[PDB]
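A deposited model with pyrimethamine.
One letter per chain, A onward, in the order of the sequence lines. We're sticking with the PDB entry numbering for chain A, so the shown stretch reads 4-86, 97-231, 283-608, in order. By the numbers in the PDB entry, the shown part of chain B spans 1-84, 96-231, 283-608. Side-chain atoms are counted along with the backbone in the values below, which use heavy atoms only and exclude waters and symmetry mates. In listed order, ligands and their atoms are each counted from 1.
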Amino acid sequence: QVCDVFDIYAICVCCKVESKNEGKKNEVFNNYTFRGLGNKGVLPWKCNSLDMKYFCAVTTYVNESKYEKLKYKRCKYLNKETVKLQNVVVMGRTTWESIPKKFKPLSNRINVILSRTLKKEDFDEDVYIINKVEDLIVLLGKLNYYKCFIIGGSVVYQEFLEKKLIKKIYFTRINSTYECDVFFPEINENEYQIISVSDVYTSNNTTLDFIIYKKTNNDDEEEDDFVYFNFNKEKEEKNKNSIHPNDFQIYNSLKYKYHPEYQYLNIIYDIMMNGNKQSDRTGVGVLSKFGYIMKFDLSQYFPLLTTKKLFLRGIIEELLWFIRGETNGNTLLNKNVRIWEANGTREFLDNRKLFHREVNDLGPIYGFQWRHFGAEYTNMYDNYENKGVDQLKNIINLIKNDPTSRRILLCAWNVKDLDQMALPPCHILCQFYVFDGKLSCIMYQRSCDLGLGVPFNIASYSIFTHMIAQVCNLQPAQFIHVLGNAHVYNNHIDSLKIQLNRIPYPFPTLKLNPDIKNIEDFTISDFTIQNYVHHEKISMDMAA
Amino acid sequence: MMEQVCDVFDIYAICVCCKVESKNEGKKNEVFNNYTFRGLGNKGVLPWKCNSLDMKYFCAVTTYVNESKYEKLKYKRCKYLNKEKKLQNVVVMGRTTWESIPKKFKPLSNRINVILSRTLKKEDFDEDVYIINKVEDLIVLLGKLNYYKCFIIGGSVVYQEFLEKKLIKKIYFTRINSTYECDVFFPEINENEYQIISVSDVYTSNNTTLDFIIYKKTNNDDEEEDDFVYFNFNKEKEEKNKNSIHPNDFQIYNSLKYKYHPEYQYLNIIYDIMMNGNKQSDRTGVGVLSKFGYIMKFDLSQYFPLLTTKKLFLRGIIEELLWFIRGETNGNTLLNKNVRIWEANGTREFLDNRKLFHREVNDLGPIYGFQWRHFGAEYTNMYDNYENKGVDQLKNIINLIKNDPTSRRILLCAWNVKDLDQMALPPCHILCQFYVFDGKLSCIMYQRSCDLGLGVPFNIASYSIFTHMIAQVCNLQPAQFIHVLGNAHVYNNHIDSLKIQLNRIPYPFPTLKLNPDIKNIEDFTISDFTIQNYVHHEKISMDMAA
Ligand SMILES: NC(=O)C1=CN([C@@H]2O[C@H](COP(=O)(O)OP(=O)(O)OC[C@H]3O[C@@H](n4cnc5c(N)ncnc54)[C@H](OP(=O)(O)O)[C@@H]3O)[C@@H](O)[C@H]2O)C=CC1
Ligand SMILES: NC(=O)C1=CN([C@@H]2O[C@H](COP(=O)(O)OP(=O)(O)OC[C@H]3O[C@@H](n4cnc5c(N)ncnc54)[C@H](OP(=O)(O)O)[C@@H]3O)[C@@H](O)[C@H]2O)C=CC1
Ligand SMILES: O=c1ccn([C@H]2C[C@H](O)[C@@H](COP(=O)(O)O)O2)c(=O)[nH]1
Ligand SMILES: O=c1ccn([C@H]2C[C@H](O)[C@@H](COP(=O)(O)O)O2)c(=O)[nH]1
Ligand SMILES: CCc1nc(N)nc(N)c1-c1ccc(Cl)cc1
Ligand SMILES: CCc1nc(N)nc(N)c1-c1ccc(Cl)cc1
């Protein structure tokens, strides 16, 4: 338990490994997916401004007031008193030798270098050199530092990991593939666990995030006022006994959960712990809550859930289908997009009292309201050109010609046509906001199937936001999701319980064909999802 | 380094005050301030009979102790006095107060009871209590006892003297938002000596709202911690309008430790917009600071969310609401009641600019009222009878709530894309969605455009009232009113007034009473509504142009 005494940590940054058998994509994913450390003396990627900023901020940050407990602990262990504190950076010759003279030594950091062929006289008096691994255990009990960061390379990391000389690991995850020759050791989840995950970012054309591994352990006035003000709160949660929190060992073991995906995950948890039991229109049971709001920064990442596998061909086609103004269910079925199949059958239509509606003729739904709101619906084959209000065209002109307008709204809930619809829309409306050349969008959803629908809904409107943004020569900003009746079907509980204990991966990114400048010109091949790392698919309905 | 007695011995005061039955009639405009709540007792007992919630609060505070903190407290008092079985708090009361406590509750449970008295001595008491005949003897006793905190619990004479001697570290003050007959009062609190540092959520108990505030005596694993500092390395960008808007102007707003009063959801949004809002031009040309996407939640079962940091009247908005329900679009109806909410939007000038050259003055077009009762019908003019024309959304939602409460399709939508250009102006309140659980009705309203300084305050009241109305005629109880804000903005000329407002501390919300006899949403009239116990700050003019 020495790595805990001298505060020895390891900070790194790994990308994804390429291949000669199969490059650019992987079948299965796990933490070991991120391991690329370097290539030909240098780093796999040119450089990463943000990670660089992170590295600096960590290896040069010290809390003088905390140096106390560490002193009152390091010496007592040493069995001897330690004879403007900084931190220490330990690296191998190769590592040091790769740093440019202009930047070496590393400012405000007590440099150290492992090597069996380097004179202590070939360098500074501030730059300490060692011949062995334990030779560092001493140098520490003799110096006055705050923390010790092992910054590589591969050789160094390996040795320290095996000898259990690492307290925690600050792992930067660069979500992109590069050529490599050296890699980071496979972290053993029995001797190291993740405790915190950060927000996701985009730097130098790649998303990345920061996670923290922790060696498995295996005024006060205001404080009291806080207790008084919570005197009327509830001891436990309603579904406490129904949903056992001990089933979320992973979810709770996390201290910092800044990864955007938790906005989705936290809501699942809030509904499971505090949701109300209700019986919906399907006899099936649900846990529901009312009113939530999620926000996703599309400029930093594409919010495609990573705690399970998601497909997008279908939802993109649906989006293209809406844009064309179609209401013909067959168009989608012939492309094997069966999102609306159950809603267009003879039985469903008849139960909806639409006895005179042809099978798969969904009536005046999304597409029809977006391009012909107000027009008289006849059948899915009629020509509606120039009939009704073309809201889509209108909001796009507004965005271009009057960005600050507060009436840029696309509404699908046409009260007059509701009963003619196979089913009323769940996505009531989209509202747009434009500022400093950036486009944001809010979408209000009246009914939210958290386990199955919402995941797609998020991807759906994020993609749409990008589309509207690109044809308006703007950059996407935020996709804002407002949930009204938010529910979790009971048959999704066990599945969500499993998903809740999975740690998100850095989000992927969405790439659109840059040449498409008309909302109506997009085709399926114009959409590409890049670097999508995810946990394996999950059957929400375990009942198979 | 002047060690203060109240700090060393942690002496606090906890009380509860109602409003006093003494209001002059000269000016029907009653002024309010903290001194509004001062009633302590009447004819030997409490002005109100009992208050379950405050009692629970009182009990929780005066019996709560933090074992792991005594250790440090003990050292503090020892060094002060030159000194080097379950832990309880001490409660101190005047003899009259002690005699007002029912026998089955004497002495106050799990608490070292101390009583001040000159007429009675220990021999006059059978209970396990300490008797003292002067203030200094309390300090002495405390110096000899093992206790967590010391609470002065009344009555008026006792509060009075302890406050005067500045022996109070903090005052846990409960505000009962109602009036009762009183003969004893809490002393007037001097603002230079005491400042409010925390206000609680608002609650309803025993037919009255109440909140809890705290006054403070005026001045004059470390691992997870560092990780946090790390995870905030890129928060480099502070606040864009912080330099434009000096947060030093929010001295009082920023001094409050705990801001749990529901009014702060609104107040916090104004603050967020002011510090981080985006500057933008407006269709009006005024210019605004704006953000996109907010949500506020108000518990209508616990209070009626009418802002107290400024004065508001609801006669107008109530008549507007009734006006909506009747499906009217005729502006004259409101103007004849001296409600000018829509006057500017129905002028010849305004209508012409909307390109509505063939629209009669004050004929607002197919707006809210028309959409709620006739969505889909072709608007003709405001005098037309649209009986059984279009979709009566209002009647529909009332039926879904009654016969299919779990429906996730209970929405009232005003945004009729087809009629938009025919309206004096498109609706700001896009839709209302209802949720029903355990005999309780909740309501979400989406506002596409929100003027925080002027409209929102009224909008919060309008829909909260509407929710009470729908719930009643549906035999349900009002639960939450959820307000979703799309484009939230603060007009540039409202800023100075909003700065003032943000530095005012909220009073407990009032309550709304509906004539319990009305069973149909259409049978309501202006005298079926009653706002009670509205305590508020001085009215403010958002636009100080003269
Ligand atoms: N992603 C990341 O965080 C990092 C990536 N890198 C990348 O990885 C590559 C360098 O890693 P790597 O090849 O492993 O080289 P190293 O930096 O790990 O240095 C290895 C050398 O250091 C000395 N050394 C290490 N451990 C000991 C020991 N226990 N006792 C005595 N001497 C020791 C020896 O040098 P000697 O010859 O003097 O005996 C040894 O040959 C580069 O391509 C670089 O770009 C480097 C650091 C961090
Ligand atoms: N709203 C609230 O939070 C509270 C309200 N109350 C209410 O207020 C009323 C009681 O208040 P009040 O009339 O002022 O009476 P008090 O409870 O304050 O008791 C006053 C009496 O206590 C003793 N006393 C006070 N100070 C001293 C001292 N320094 N030395 C010796 N004895 C002292 C003396 O009793 P003695 O005659 O024996 O000499 C004195 O007459 C009741 O109506 C009660 O219901 C009470 C507590 C809290
Ligand atoms: O894009 C969609 C489509 C449907 N649903 C869900 C919500 C409900 O669980 C069910 C529709 O039933 P109603 O809400 O209309 O009753 O489908 C979604 O979450 N997202
Ligand atoms: O009930 C209402 C009606 C209007 N407004 C405000 C919002 C805008 O500042 C202005 C209307 O402008 P547009 O959003 O329509 O452009 O009135 C409100 O806050 N609440
Ligand atoms: C800024 C890159 C960086 N980021 C992280 N998270 N860890 C590291 N160990 C390094 C690093 C790579 C090469 C040298 Cl030579 C020194 C430090
Ligand atoms: C429970 C009422 C209550 N609430 C608060 N907040 N403070 C108090 N001091 C009292 C109180 C009143 C009379 C007696 Cl006799 C004892 C305590």
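- Copies included, the model assigns pyrimethamine to ligands 5 and 6.
- Structurally, the main neighbour of pyrimethamine (ligand 5) is the chain that the PDB entry identifies as Bifunctional dihydrofolate reductase-thymidylate synthase.
- The letters of other chains with a heavy atom under 4.0 Å from pyrimethamine (ligand 5) are A.
- Residues touching pyrimethamine (ligand 5) within 4.0 Å, heavy atoms only: A:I14, A:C15, A:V16, A:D54, A:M55, A:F58, A:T108, A:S111, A:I112, A:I164, A:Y170, A:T185.
- Shortest contact from atom 8 (C) of pyrimethamine (ligand 5) to any protein heavy atom: A:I14 O, 3.5 Å.
- For pyrimethamine (ligand 5), the atoms closer than 4.0 angstrom to any heavy atom of A:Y170 are 9 (N).
- Closest to atom 6 (N) of pyrimethamine (ligand 5), if we only count protein heavy atoms, is A:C15 O, 2.8 Å.
- Considering backbone and side-chain atoms alike, A:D54 places an N or O below 3.5 Å from some N or O of pyrimethamine (ligand 5).
- In the vicinity of A:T185, heavy-atom distances shorter than 4.0 Å reach the pyrimethamine (ligand 5) atoms 6 (N).
- Near A:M55, with a cut-off below 4.0 Å to any heavy atom, the atoms of pyrimethamine (ligand 5) are 1 (C).
- In summary, the atoms of pyrimethamine (ligand 5) found under 4.0 Å from a heavy atom of A:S111, numbered by their order in the structure, are 15 (Cl).
- Ranking protein heavy atoms by distance to atom 14 (C) of pyrimethamine (ligand 5), first place goes to A:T108 CG2, 4.1 Å.
- Among all non-hydrogen protein atoms, the one lying nearest atom 16 (C) of pyrimethamine (ligand 5) is A:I164 CD1, 4.0 Å.
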